[PDB]
Chemist: 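Notes on a complex, tirabrutinib (bound form) with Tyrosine-protein kinase BTK.
Chain A residue numbers are taken from the PDB entry; in order, the displayed residues are 389-659. Both ligands and their constituent atoms are indexed starting at 1 by order of listing.
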Amino acid sequence: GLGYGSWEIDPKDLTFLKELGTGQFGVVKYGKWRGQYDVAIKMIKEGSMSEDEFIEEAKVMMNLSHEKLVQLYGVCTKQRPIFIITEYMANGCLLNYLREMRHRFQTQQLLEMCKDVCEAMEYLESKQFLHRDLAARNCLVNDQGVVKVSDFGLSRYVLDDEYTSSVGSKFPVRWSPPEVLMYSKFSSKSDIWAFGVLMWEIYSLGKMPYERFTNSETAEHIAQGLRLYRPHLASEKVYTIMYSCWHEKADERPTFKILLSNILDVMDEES
Ligand SMILES: */C(C)=C\C(=O)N1CC[C@@H](n2c(=O)n(-c3ccc(Oc4ccccc4)cc3)c3c(N)ncnc32)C1
C-alpha cells in the first residue's frame, strides 16, 4: 500500500502468536500475516546491524526464491527494532533437531538433509550469491522435516559484538578453509568447504566439528593439512563426498552442481 516499497511489510498486518527465543542476531517470534499466513518475525536489536546496507540487500534477497531456501518475505524498517519477516520453519534449528536422539534417524534421512541444503546452495551459486556463513546453526527444519538454508549473506551486515554474542566467537573458524583462515580469501569454494563441514555435522548427529579442539587449535590442525574424520553413520561413499569439499586447493573442490550429482548417486546406490 501507500508508503511501502515492494520489500516493505506493514507491521500492522502482523499478529504475534509465540516467542521462539533468541535467534541468530535477534529475538524471533511466530505469527501470522493478514490473519492467515504463517511467518517468522526476527527483531534486530539497535546497534547489532549495518541497517541501511542490510535494507538495500534485502531487495536482492526478496528475489531469491527456491524450495530449499528460507523465503524472505519483506522487512519492516519504519520503527526500531527493524523486523525481518520470513517463512516459518516449525521444527526450528537443524542442530537441535539432529541432537534429539528420539528421532532415531535413518541414514537415508540424513542424506536427504544434505541434499536439501545442496539444492539450496546450487541455487545460490547459480545466482553468484555466497552464503558466507553456512553451518548447521543456520539451517532450519519445517513441519515436513525439510531442511532449508537460512541467514544467507547476512553476516556481511552484522557489527562485531552481535556476531560474537550470537555465534560464540569473532569468527566461524570450524567451517572455514585454509585460504580464509590464512588470508581472508572468500569465494564459492569457501561455501563448498563449509558445506562439507555441514555434512559432517549432519552425519555426526550435531557434534561440534573438531569437538576436542579450540578454534585456535582447529586453525593449526587445518594448516597442517589435517581434517575431520569419518562419522560413524557415514558410508565410505558419503565420507568421500564430504572429504572432497576439503581439498587444500580451492580450485580442486567440487561445485554444488557436482555435489548434488554425487549425493543423488549415493541415494540411488544406498536405496
Ligand atoms: C536455529 C537454527 C536458530 C535459532 O536461533 N532459533 C531460535 C528461533 C528459531 N527461528 C529462527 O531463528 N528463524 C529465523 C531465521 C532467520 C530469519 O531471518 C532470515 C532468513 C533468511 C535470510 C536472512 C534472514 C528469520 C527467522 C526461524 C524461522 N524462520 N522459523 C522458525 N523458527 C525460527 C530458531
Chemist: Taking 4.0 angstrom as the limit and counting only heavy atoms of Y476, give me the atoms of tirabrutinib (bound form, ligand 1) inside it, by number and element.
Modeler: 30 (N), 31 (C)
Chemist: At a 4.0 Å cut-off, with the gap strictly under it, does some heavy atom of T410 reach an atom of tirabrutinib (bound form, ligand 1)?
Modeler: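 Yes, that is the case, since the closest heavy atom of the residue is under 4.0 Å from the ligand.
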Chemist: Within a distance under 4.0 Å of any heavy atom of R525, pick out the atoms of tirabrutinib (bound form, ligand 1) and give their elements.
Modeler: 1 (C), 2 (C)
Chemist: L528 heavy atoms, cut-off 4.0 Å: which tirabrutinib (bound form, ligand 1) atoms fall inside?
Modeler: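 The atoms of tirabrutinib (bound form, ligand 1) under 4.0 Å from a heavy atom of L528 are 1 (C), 2 (C), 13 (N), 14 (C), 15 (C), 27 (C), 28 (C), 29 (N).
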Chemist: Which residue of chain A listed as active site in UniProt is nearest to tirabrutinib (bound form, ligand 1), and what's the minimum heavy-atom distance to 1 Å?
Modeler: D521, 10 Å
Chemist: Which of the numbered atoms in tirabrutinib (bound form, ligand 1) are below 4.0 angstrom from a heavy atom of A428?
Modeler: 28 (C), 29 (N), 30 (N)
Chemist: Does only the side chain of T474 get under 4.0 Å from tirabrutinib (bound form, ligand 1), or the backbone, or both, or neither? Count heavy atoms.
Modeler: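 For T474, the contact with tirabrutinib (bound form, ligand 1) is made by the side chain alone.
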Chemist: Closer than 4.0 Å to some heavy atom of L408 - which atoms of tirabrutinib (bound form, ligand 1) meet that?
Modeler: 7 (C), 8 (C), 31 (C), 32 (N)
Chemist: Which residues in chain A does UniProt mark as clofedanol-binding that also have a heavy atom less than 4.0 Å from tirabrutinib (bound form, ligand 1)?
Modeler: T474, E475, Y476, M477
Chemist: Give the residue and atom of any covalent bond from tirabrutinib (bound form, ligand 1) to a chain.
Modeler: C481 SG
Chemist: Which UniProt domain of chain A is the main contact region for tirabrutinib (bound form, ligand 1)?
Modeler: Protein kinase
Chemist: Is tirabrutinib (bound form, ligand 1) under 4.0 Å from a heavy atom in the side chain of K430, in the backbone, in both, or in neither?
Modeler: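 The answer is the side chain of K430.
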Chemist: I'm curious how tirabrutinib (bound form, ligand 1) sits relative to the natural ligand site. Which residues UniProt lists as binding dasatinib in chain A have a heavy atom closer than 4.0 Å to it?
Modeler: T474, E475, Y476, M477
Chemist: Where does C481 meet tirabrutinib (bound form, ligand 1), judged by heavy-atom distances below 4.0 Å: at the side chain, the backbone, both, or neither?
Modeler: both
Chemist: Would you mind telling me if tirabrutinib (bound form, ligand 1) is within reach of the side chain of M449, the backbone, both or neither, using heavy atoms under 4.0 Å?
Modeler: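 The side chain, only.
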Chemist: Going by the closest heavy atom to atom 12 (O) of tirabrutinib (bound form, ligand 1), which one wins out of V537, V427, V416?
Modeler: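 Going through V537, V427, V416 one by one, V416 has the nearest heavy atom to atom 12 (O) of tirabrutinib (bound form, ligand 1).
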Chemist: Is tirabrutinib (bound form, ligand 1) less than 4.0 angstrom away from at least one heavy atom of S538?
Modeler: yes
Chemist: So, does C527 sit close enough to tirabrutinib (bound form, ligand 1) that a heavy atom of it is under 4.0 Å from the ligand?
Modeler: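 So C527 counts as touching tirabrutinib (bound form, ligand 1).
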Chemist: Define the binding site of tirabrutinib (bound form, ligand 1) at 4.0 Å using heavy atoms, by chain and number.
Modeler: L408, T410, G411, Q412, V416, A428, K430, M449, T474, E475, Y476, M477, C481, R525, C527, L528, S538, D539, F540
